**Student:** 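For reference, this is Spike protein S1 solved together with ADG20.
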Amino acid sequence: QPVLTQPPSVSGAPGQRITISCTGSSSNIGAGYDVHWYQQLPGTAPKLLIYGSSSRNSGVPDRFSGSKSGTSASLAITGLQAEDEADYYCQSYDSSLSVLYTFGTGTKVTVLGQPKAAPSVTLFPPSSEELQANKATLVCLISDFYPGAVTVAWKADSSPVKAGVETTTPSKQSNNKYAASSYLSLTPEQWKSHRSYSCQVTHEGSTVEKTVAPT
Amino acid sequence: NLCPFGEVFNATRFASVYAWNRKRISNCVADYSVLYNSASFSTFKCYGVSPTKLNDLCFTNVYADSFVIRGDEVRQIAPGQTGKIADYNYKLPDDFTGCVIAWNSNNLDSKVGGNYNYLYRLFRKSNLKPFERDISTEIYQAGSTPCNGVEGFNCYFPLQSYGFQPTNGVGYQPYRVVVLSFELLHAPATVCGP
Amino acid sequence: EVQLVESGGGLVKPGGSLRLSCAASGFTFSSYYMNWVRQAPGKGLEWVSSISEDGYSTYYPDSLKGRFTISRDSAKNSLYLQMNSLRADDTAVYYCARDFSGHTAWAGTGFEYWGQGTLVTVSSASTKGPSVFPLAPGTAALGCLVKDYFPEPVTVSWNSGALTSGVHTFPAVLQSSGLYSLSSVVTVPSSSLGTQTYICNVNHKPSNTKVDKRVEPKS
Ligand SMILES: *[C@@H]1O[C@H](CO)[C@@H](O)[C@H](O)[C@H]1NC(C)=O
């Protein structure tokens, strides 16, 4: 199945113009078919942004424009804003009944300029009902940090813990910051036998840690 | 004395489906190998006969019916089919013997801004009888009150335009269709194969 | 006005069959081409199937090998996708979409309107309902943890959807046992804890589970 190739990601400051290319072949774009551009916000369904290779869908600002020539097409954004961070896909049509709708690779658009933010960390000890169920889980929630790159460590009293740690990759927040979480699974015996448990998050060479106790 | 199938398929202009054109073939020899061996046809479906032996048979009356329809309506040009085109524009008998040939004509019958010269019948009082052609353009009364010659409440013009644009999907693009009907009567079989 | 809602997604075994449904409203249903597209988790978009306005012409890519069938029903204004001989690679979020109008210049070329999408997970594992636990604490953090469920997804609301400020639902994690776990938190004024009750609502459609958990500050 043929596709349309796009740059994997394009970045820019929130005052400049950026362009996303969409390369097709003689069978889809050079065959006389137009190109549609779809914008997908994180966690949401794709939305129609551009149709007809130049026309703007209803509710789309004039900062977005589209063009096509030869076997290629381009989407131009003038005056980048923080709300533009999303996935952008181009799409065209093939006359062959085996291909028809041909989709683009997809491009991640990101804006640069937001200041580095220390992560907000919340630590939660096992819930009484969980111990009543003979299970124990420590929850560490990290929110509102930039860049989306943190390292999570778990301390039992003052010694590192490596077993039972499940950590999620950082993900984009609607406010353009990042969030993540970590879970430490253990039996109530280990939870009670130790005085305290610490969750430590390293971010740009600065560590923020929280501690909980079975008391 | 070759049969003039060339001027039917290679004709510059085609007719609307409601006013489908018909050409009578007689007193000639037809080389069907030129047709079924050329892969320039999107659909080539023969009923009651396969094309391979059409060069060894003789028929009394041959009719080549040419028109232009929608791609997703090419399936309607077939025996025992229902739909707007089949029921109101061009009907084929259940006992049809002959071939249906259709090919994409987006480069020829489509234009930017829409080609509206092709019309199709939308409404009729009764289903079309096989091979019957209706070119009446009278107002269709859709129920209670008559129309007096004007449109409006349950009163519609019977014909609607196709609107063929080149950037439309394969299902919307125009297709040129030729229906070859072979008929054997108590009359001399004037057409034959080599 | 235009609304497309998908349903039927969940767990299916490898080699099994599933039926996805999509209800459409706000437009003349029988006047538009309908399409199914899919997106693998973190991957790009892939067109899956197409059907004409009259529903008698169906279109599929050669990659699917004809194990997908698209159908439509004007008596309910619904669109159905039947998937057969399913495999792990077919695990994706599936969207039903409406095409452009036949009057427009791009009829049957794009996807003007999209639905919420539904997750289809092809796995040899078992569907399991989740367990909900509370996480109790100027502002304080109040939350609930949804643990040991399969497959994705699960939605979390607070106070039957009344509370929206300060809410944060985190992406799930995959534990070694093969079961997912996520948490949902909310930051609230400390005084209000002494006067207002806080309920977390957890919806796991693949197992048809709904759990309301009372989160109360202990000690
Ligand atoms: C139409 O013309 C081409 C070349 O001019 C020829 O090869 C073809 O046979 C013609 N069509 C028919 C039906 O003879």
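Here is the naming used below: chain letters follow the sequence lines, and residue numbers restart at 1 for every chain. Hydrogens, waters and symmetry mates play no part in the numbers below; they use all other heavy atoms, side chains included. According to its header, this structure was worked out by X-ray crystallography, 2.8 Å.
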**Student:** So, about ADG20 - where is that in the structure, copies and all?
**Tutor:**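 Counting every copy, chains A and C.
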**Student:** Would you happen to know which chain of ADG20 leads in heavy-atom pairs under 4.5 Å with chain B?
**Tutor:**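 By heavy-atom pairs, the top chain is chain C.
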**Student:** I'd like to know the UniProt domain of chain B that holds most residues touching ADG20, can you help?
**Tutor:**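 Chiefly UniProt domain BetaCoV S1-CTD.
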**Student:** Which organism, per the PDB entry, is the source of chain B?
**Tutor:**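 The entry gives Severe acute respiratory syndrome coronavirus 2.
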**Student:** Taking 4.5 Å as the heavy-atom cut-off, what is the epitope of ADG20 on chain B?
**Tutor:**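 On chain B, heavy atoms under 4.5 Å give B:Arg70, B:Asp72, B:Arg75, B:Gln165, B:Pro166, B:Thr167, B:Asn168, B:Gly169, B:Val170, B:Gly171, B:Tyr172, B:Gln173.
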**Student:** Tabulate the paratope of ADG20 for chain B, heavy-atom cut-off 4.5 Å.
**Tutor:**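 Heavy atoms under 4.5 Å give A:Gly32, A:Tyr33, A:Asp34, A:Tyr93, A:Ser95, A:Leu97, A:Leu100, C:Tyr33, C:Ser52, C:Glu53, C:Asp54, C:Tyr56, C:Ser57, C:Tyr59, C:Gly102, C:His103, C:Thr104, C:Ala105, C:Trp106, C:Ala107, C:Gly108, C:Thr109.
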